[PDB]
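Drug bound: ivermectin. Macromolecule: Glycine receptor subunit alphaZ1.
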Amino acid sequence: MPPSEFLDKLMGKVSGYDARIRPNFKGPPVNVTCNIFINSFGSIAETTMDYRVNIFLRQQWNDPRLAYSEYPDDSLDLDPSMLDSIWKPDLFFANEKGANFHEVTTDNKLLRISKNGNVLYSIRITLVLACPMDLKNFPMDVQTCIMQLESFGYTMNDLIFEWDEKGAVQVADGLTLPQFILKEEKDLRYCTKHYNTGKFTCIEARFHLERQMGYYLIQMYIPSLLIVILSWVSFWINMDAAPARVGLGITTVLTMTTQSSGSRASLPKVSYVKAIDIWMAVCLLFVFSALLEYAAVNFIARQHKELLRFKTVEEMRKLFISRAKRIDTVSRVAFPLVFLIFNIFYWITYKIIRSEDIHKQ
Amino acid sequence: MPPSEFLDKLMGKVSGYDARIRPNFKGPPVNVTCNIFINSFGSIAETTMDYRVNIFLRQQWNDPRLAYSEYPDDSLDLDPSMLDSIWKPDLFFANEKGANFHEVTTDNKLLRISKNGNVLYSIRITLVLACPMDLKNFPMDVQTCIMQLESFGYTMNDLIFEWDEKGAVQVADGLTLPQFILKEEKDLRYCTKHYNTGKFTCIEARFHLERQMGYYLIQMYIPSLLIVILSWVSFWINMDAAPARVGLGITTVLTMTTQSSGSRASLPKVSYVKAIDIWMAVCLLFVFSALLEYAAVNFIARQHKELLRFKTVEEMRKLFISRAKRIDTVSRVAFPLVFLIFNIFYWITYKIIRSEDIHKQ
Amino acid sequence: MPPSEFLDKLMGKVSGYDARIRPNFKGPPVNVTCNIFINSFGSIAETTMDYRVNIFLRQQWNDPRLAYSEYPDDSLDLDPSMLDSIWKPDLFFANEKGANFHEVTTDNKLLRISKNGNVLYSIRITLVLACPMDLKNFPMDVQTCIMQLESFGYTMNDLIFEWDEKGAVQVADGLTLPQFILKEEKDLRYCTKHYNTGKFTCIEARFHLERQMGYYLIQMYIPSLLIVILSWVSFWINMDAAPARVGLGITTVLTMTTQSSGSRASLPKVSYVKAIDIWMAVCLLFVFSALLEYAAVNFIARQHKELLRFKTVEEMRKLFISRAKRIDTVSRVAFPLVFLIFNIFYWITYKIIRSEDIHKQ
Amino acid sequence: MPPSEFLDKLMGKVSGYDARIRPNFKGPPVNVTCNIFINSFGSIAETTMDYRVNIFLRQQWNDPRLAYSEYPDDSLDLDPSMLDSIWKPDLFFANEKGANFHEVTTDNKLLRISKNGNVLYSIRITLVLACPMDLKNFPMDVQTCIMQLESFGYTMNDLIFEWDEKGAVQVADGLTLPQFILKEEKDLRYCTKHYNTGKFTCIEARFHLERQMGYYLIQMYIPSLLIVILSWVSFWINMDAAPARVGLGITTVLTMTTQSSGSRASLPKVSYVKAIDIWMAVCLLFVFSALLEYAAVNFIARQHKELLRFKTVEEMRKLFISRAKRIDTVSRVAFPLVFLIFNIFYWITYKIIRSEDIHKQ
Amino acid sequence: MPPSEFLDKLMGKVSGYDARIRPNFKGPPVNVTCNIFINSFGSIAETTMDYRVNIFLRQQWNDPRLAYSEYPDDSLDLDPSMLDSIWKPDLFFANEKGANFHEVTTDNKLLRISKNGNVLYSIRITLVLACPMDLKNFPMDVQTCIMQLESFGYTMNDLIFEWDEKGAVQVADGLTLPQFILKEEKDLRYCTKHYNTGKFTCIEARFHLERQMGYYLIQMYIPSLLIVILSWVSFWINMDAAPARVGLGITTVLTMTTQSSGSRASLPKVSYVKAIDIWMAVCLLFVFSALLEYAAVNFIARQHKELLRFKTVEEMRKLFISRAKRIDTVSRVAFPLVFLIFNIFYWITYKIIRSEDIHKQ
Ligand SMILES: CC[C@H](C)[C@H]1O[C@]2(CC[C@@H]1C)C[C@@H]1C[C@@H](C/C=C(/C)[C@@H](O[C@H]3C[C@H](OC)[C@@H](O[C@H]4C[C@H](OC)[C@@H](O)[C@H](C)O4)[C@H](C)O3)[C@@H](C)/C=C\C=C3/CO[C@@H]4[C@H](O)C(C)=C[C@@H](C(=O)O1)[C@]34O)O2
Ligand SMILES: CC[C@H](C)[C@H]1O[C@]2(CC[C@@H]1C)C[C@@H]1C[C@@H](C/C=C(/C)[C@@H](O[C@H]3C[C@H](OC)[C@@H](O[C@H]4C[C@H](OC)[C@@H](O)[C@H](C)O4)[C@H](C)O3)[C@@H](C)/C=C\C=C3/CO[C@@H]4[C@H](O)C(C)=C[C@@H](C(=O)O1)[C@]34O)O2
Ligand SMILES: CC[C@H](C)[C@H]1O[C@]2(CC[C@@H]1C)C[C@@H]1C[C@@H](C/C=C(/C)[C@@H](O[C@H]3C[C@H](OC)[C@@H](O[C@H]4C[C@H](OC)[C@@H](O)[C@H](C)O4)[C@H](C)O3)[C@@H](C)/C=C\C=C3/CO[C@@H]4[C@H](O)C(C)=C[C@@H](C(=O)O1)[C@]34O)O2
């Protein structure tokens, strides 16, 4: 039997197929079992709130008309061009942008018709999937990225989408994310879309994403610590040298302000407080408190010099000078100890909150 | 009756349909009732002055020729490919950019023909809708975003567009906007476009948008307050220490200037004064006034030292030194009280103006 | 008479039309009268030197073959799809980028054939029109934006383009430009393109654009004034306090430099001096002159202290100290008066130059 | 003779043309003479290393089959749609990106068939041409931008490309470049591409571009001069005032550093030294040398005060104080004279190197 | 024999070819030998992690049906339009974005059919190839960029891809990369993709890229050295002048911080430490240590003045003053020597690590 005649015969104008009609019309719904292979993952953007993926979508459904018995070979892979009339099931992604096809050299498609009528349809597509991301704890957090595959134009009674029994989501070996870690466990759950038109089958997969803390520690946490240490250095400088201590406190407060403003620039304009805001707030409060401490010392010395040059004035001079010296001596010890207590408290609470988020999943 | 023959018969070359002609030609106008479902809303940009939406446009019109009585089933959902010849009514969005269709896997369309000839047409489209936004009160404001659906090429006598009686605009459950709040109430009003060619039916929907004030309070209002408090701290420093007080006043004025310039960078170049401009102007006036106050104190002490080293000169020395000390003492109390009075006045007026805008709608 | 047969008959294969041929071939030129309606105007970019417009281009020409007498109704609006063969006259925009068509829901076109053979053709198109803009006076200027409609492939003897007698350019009511004001008067003038191939008809419309000065006054002119006032404040500070006065002069000069550099960033790299350059140059000269004035005062006091500690030396001490005090006293009065004279001179000259540009048009 | 029949006859299915075959097959090569008209030139980007042009490509070749004698009129301009089968010669640009066609209103093409069989083909295209640009002398330089027109799929024996005898490159009158000057003289030279497949004809045109020095003088050269003059001002300030002189030297060095870093931001990351680097290096060396000079003066005065307060100590005090005073006195004269000598040397050498580049062409 | 009839005959409807079927069906696999010519290479982006190339892909395979003996000429180059039915083998790039074709003037393709049935197919395509790049040593590193050519829809038994025996990868002469150096040696290795669908042939080429160190030395290494030298200059200034030394140390630490933050902005957010981080960390530690050294000197002098003004107090005054003077004297020598030792250690280790990376390849 010539191959050309057989392939033509399946699509044969003489034969009745009428691609527009679904298989087993006025009957039980067509069941489509689909599994995606994730070729590339990346380009996650917090500001735009979307991530880009490249996937091989594979759809398996049974068509009775396409059954053939003339050829013993059951595999019978076919040319992708003659995919015009194999009743491609309509599918679309509920949350998407873009979703272009790949036309390079030849269309990236794979049509394979089994002997019993099972059809394997494989298409390569890049998806700009948009997923909302909670930025409550910006430094360390776990983001769930969800892709929904939903039918358009065929109701649930008409068409049903089911996740593949084995290997529904497959990740390419060696695929890595620079800013994130992809969890191996995957959530395969189906939610049925309800509209005024009717109920349409939909299935969705959830990808847990864990943000690596290596960059943020170096970029943000270590510099702020340096600025706070510089403000601590200001205590050892002489109280008499007012421009040096004042300028040092001012410069550290200004540096903390510009660093805090600059860090959060590459982020969406969310209205809720973040972990990074708490850290920046406390560190900026520390440097501001150091400047206030010098202002208090200078004012006490001013009162000393006021009583000095216009009665127990000598006693008052010793008291006020001892008072200022005492504030400096207590301050140099007290400031790092309090900062250490805050640092361990903040890290412990955020680590257990991260553990709680991992507990919830 | 075979399904293929029936579907072919409706579109049947043997039968007369002639898609180019509208239903009930040389007769009463075709009435189209349309309701949109908003799948995704976001990407609002003040600078570009546009917002992006993804919608399921649904159009219902009655075609007498498409009436069928052979099949008892009235629903009879059909394949979207055979939408070439169902007389799709021309519609376009009056204010748009882009407006691409979704071609992923299969075209996102839904053709449903009822027994009486009613046609349900549902298409998914992303619209870069451009709406002018009044930025009189930039911090807190209510923006109305308007989408117009207007016929092109068919006059009002020829074709009429009407909003659906029930559920004209439907918002997807759980849809949220990071920077804005979407009001539940919606304005459905039709305005008829008039041109030299003729009058064309148009209908429009207004979406009230309320801008959340959570981010702007943290990002802009709280830092400016910190700079003003730093300028107040400058009073407690000794009058003799001229570089410290001068440098502190200069640094705060410079910081206020760069913060004010940086904040308004992500905004269109509108010529009218905004609320944020008033707040930045007053706070910068406060820090500038603090620097002028120190300049006055230093000049009074200079006149004291002028009379000191070259008659009532001793009396003049006590007067001038008391005068400078008095200006400092009055200033430390006076500056925060005046700032508090301005702050409550500004918040009260802007809150009642916001209430007035909500009153107008 | 059935409508379908009549519409088919006009385009009838049986009848001779041959769309490729122009009307009244080997005869007088086809005369096309065209008027544009400006739906949206905006997105003007100085750096890119282009502006984006959305227009309804309407072309009216007379075709004798399309005359019909069978139907009394003269209007007879038709479906836009059957525009393949109505001899669309070739038109293109001489200075353009992009120029995409709008394909949303259905093609945005309007074909209307009159009884005598007059054809009304209306298409909606967005044009990235590029117009050179003179930036001699950047702050306040009038820019003329020109759109040219020129034939391609048909010579002047073959085809002629004429502006509509009434309402050649129509602007949508309520259309506004945030950064510019659009003048009501319009220049309709035709210039004939000459090439080695031949002479091709072209027509052009000029849109005068006036740049609003509200933003630039607040953003650029008011801060520079603040920096100059700060430099004036430096005079009242004591001459003995060298770090305070020196640092203040340095900071103001640096601030003026960074403000001048930052302002002109969003501008093309033109080689000619602008009004904003003159203003920045003079204000920066003022702050630089203030720093030089303090350097002179400090040097005179230095010479006093040189003569003081190693003859009329006492006389020289009084002279030099009086000299420095005199320079400060004269300087505090002299600097704002001179700046006021410059300010009124600059505003008067630029206002009359703006008036002269309005005089020229 | 009816026009429709004649035009149809040339493309006539009855007649043999077979568009796929080239003219005079198995014979001498087809000779194509092509001239381009440059409608718009601009959008040159140093970083991306490309420039965008809009051109009217005109190709003239002789086809014997298209000869006609039935009509006396030799011009016989034709509709651009029937360009499917006039054997368009394959041409492509060797160094390109984009290269989109213009589809606005109607395709921008011009087919003109002469009586002898000469075919004139004119297409409008925008080309993102990428040309490497030597940035040895960044401030003033001459860049050559080259466009190559090369055949694809037809060997040199099969097809030959030749530049038009008269007017090969035509520039639109009044076309101007904001940042560059276009030289009138043009290089028309053909280079034959050699591949393993075979030899393919190619022709190329070189556009000399001269960069205007007006902007760079104002933006970069004048500010650096201001910073150097400010460092010179530092000498007149008293040696005793250590914070003023130190802060002034620091601020000028920092300002020079940020200006040098900021200027070269809009440039590719080339590894070779540029003229602007030499200028920034020398000016920054001048301000750094001024700060070192003050450090030397302060150290000499320190040694004076060391010998002062713990033998010829008095003699040493006069020597050291005279030494510091001498360094200041010599420095104020010496620094501008040396800078003037460098400035004239740099301008003379770069001007003669520019002249040498113009000499080479 | 007429050429048209012969070309038509090969594609002849009368003859059996059936393009959908592969050559020698139900037989040994089709063997495709492919070599790419790299026309342009560049646009490497670290942040996006992709590079753009323009290539001439050439595929050679043998088709028995296309054998011809009627014409003696074996070359017989053909028109690219009749490439619809020459059984183009499906190929796609495993890691790609974009991959557009070039449609300018005519499609850029070359079909050449040999006498024995060998088919040469050459297409020009621009590929946005994405390759992960290890940034362990950011300053100097060697990056391997890999392009994979893999079959889609034909299994390994069905179709095999092989690299050309001679000249598999050809680079255009004179092609250069501004920021990188391309190694002449190339890795041609084939890896077979394994999927659940089956095994598909793939071949890949590796391009070693060496990053030039010329720019980074000037832009980053030389400024940091300048800041460290400025901090060394701070030692020569008098210990009594507390504002000058304090301000100088603060300014250098701040400058180092902003330079370090600014440099790494154009880089991906990787979590691992880089060479540039080590260099910035050490240099910033040096400037911070200089500021701590002045704080220690000032504190020792403070203790001297504490013992001075409220027993061996005189002895303590000489000891403490000598101690501070000793710290300054030792510090001025010690700091550059230690920095020199670090500099040679860092350069030696990174150079041998670069040599080790070149050793591994
Ligand atoms: C320690 C902080 C105080 C403020 C110190 O600051 C100073 C001086 C001494 C102070 C005590 C300044 C500080 C650096 C240190 C010098 C320390 C370096 C040798 C490095 O650091 C160590 C510590 C670091 O552990 C957080 C540790 O990371 C590991 C974590 C993980 O393995 C467990 C793993 O992921 C990976 C292997 O790496 C690692 C051993 O490297 C240096 C690499 C840190 C980067 C330095 C700079 C990079 O750009 C940063 C910032 O953009 C710039 C603005 C300021 C720099 C700075 O902030 O400078 C900066 O941060 O000295
Ligand atoms: C007056 C200048 C000196 C330097 C004064 O500076 C300071 C203190 C006092 C000095 C004398 C600083 C200056 C502001 C003033 C405070 C003045 C405010 C109340 C406002 O101003 C007035 C004057 C203004 O008339 C030019 C006038 O505009 C009209 C013009 C038109 O109607 C005729 C019309 O279009 C429209 C209605 O508005 C208007 C009544 O509002 C305030 C709104 C000005 C904006 C303030 C700031 C906005 O961001 C600017 C800049 O990005 C930032 C960097 C510095 C600010 C500043 O520069 O601060 C800034 O400019 O105090
Ligand atoms: C002269 C330099 C020293 C440093 C002077 O600096 C200061 C004070 C006095 C010092 C001696 C500062 C300096 C400006 C001058 C004031 C001079 C202005 C009146 C103008 O200048 C003159 C000189 C200029 O000739 C180079 C000359 O150009 C011609 C060249 C060509 O015709 C032969 C032709 O192409 C075209 C016609 O224009 C022209 C007559 O205009 C002013 C227009 C210069 C621009 C001023 C500023 C623009 O933004 C610049 C920079 O972004 C900012 C950061 C600092 C400013 C500055 O740097 O300020 C800045 O440059 O005063």
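Residue numbering restarts at 1 for every chain, and letters A, B, ... go by the order of the sequence lines. Counting starts at 1 for both ligands and their atoms, following the listed order. Structure determined by electron microscopy, 3.1 Å.
Ivermectin, all copies counted: located at ligands 1, 2 and 3. Chains with a heavy atom under 4.0 Å from ivermectin (ligand 1): A, E. Transmembrane segments of chain E (UniProt order, N terminus first) with a heavy atom under 4.0 Å from ivermectin (ligand 1): 2, 3. Under a heavy-atom cut-off of 4.0 Å from ivermectin (ligand 1), the UniProt strychnine-binding residues of chain E that qualify: none. Under a 4.0 Å non-hydrogen cut-off, the residues that form the binding site of ivermectin (ligand 1) are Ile218(A), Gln219(A), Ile222(A), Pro223(A), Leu225(A), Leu226(A), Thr257(E), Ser260(E), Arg264(E), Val273(E), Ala281(E), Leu284(E).
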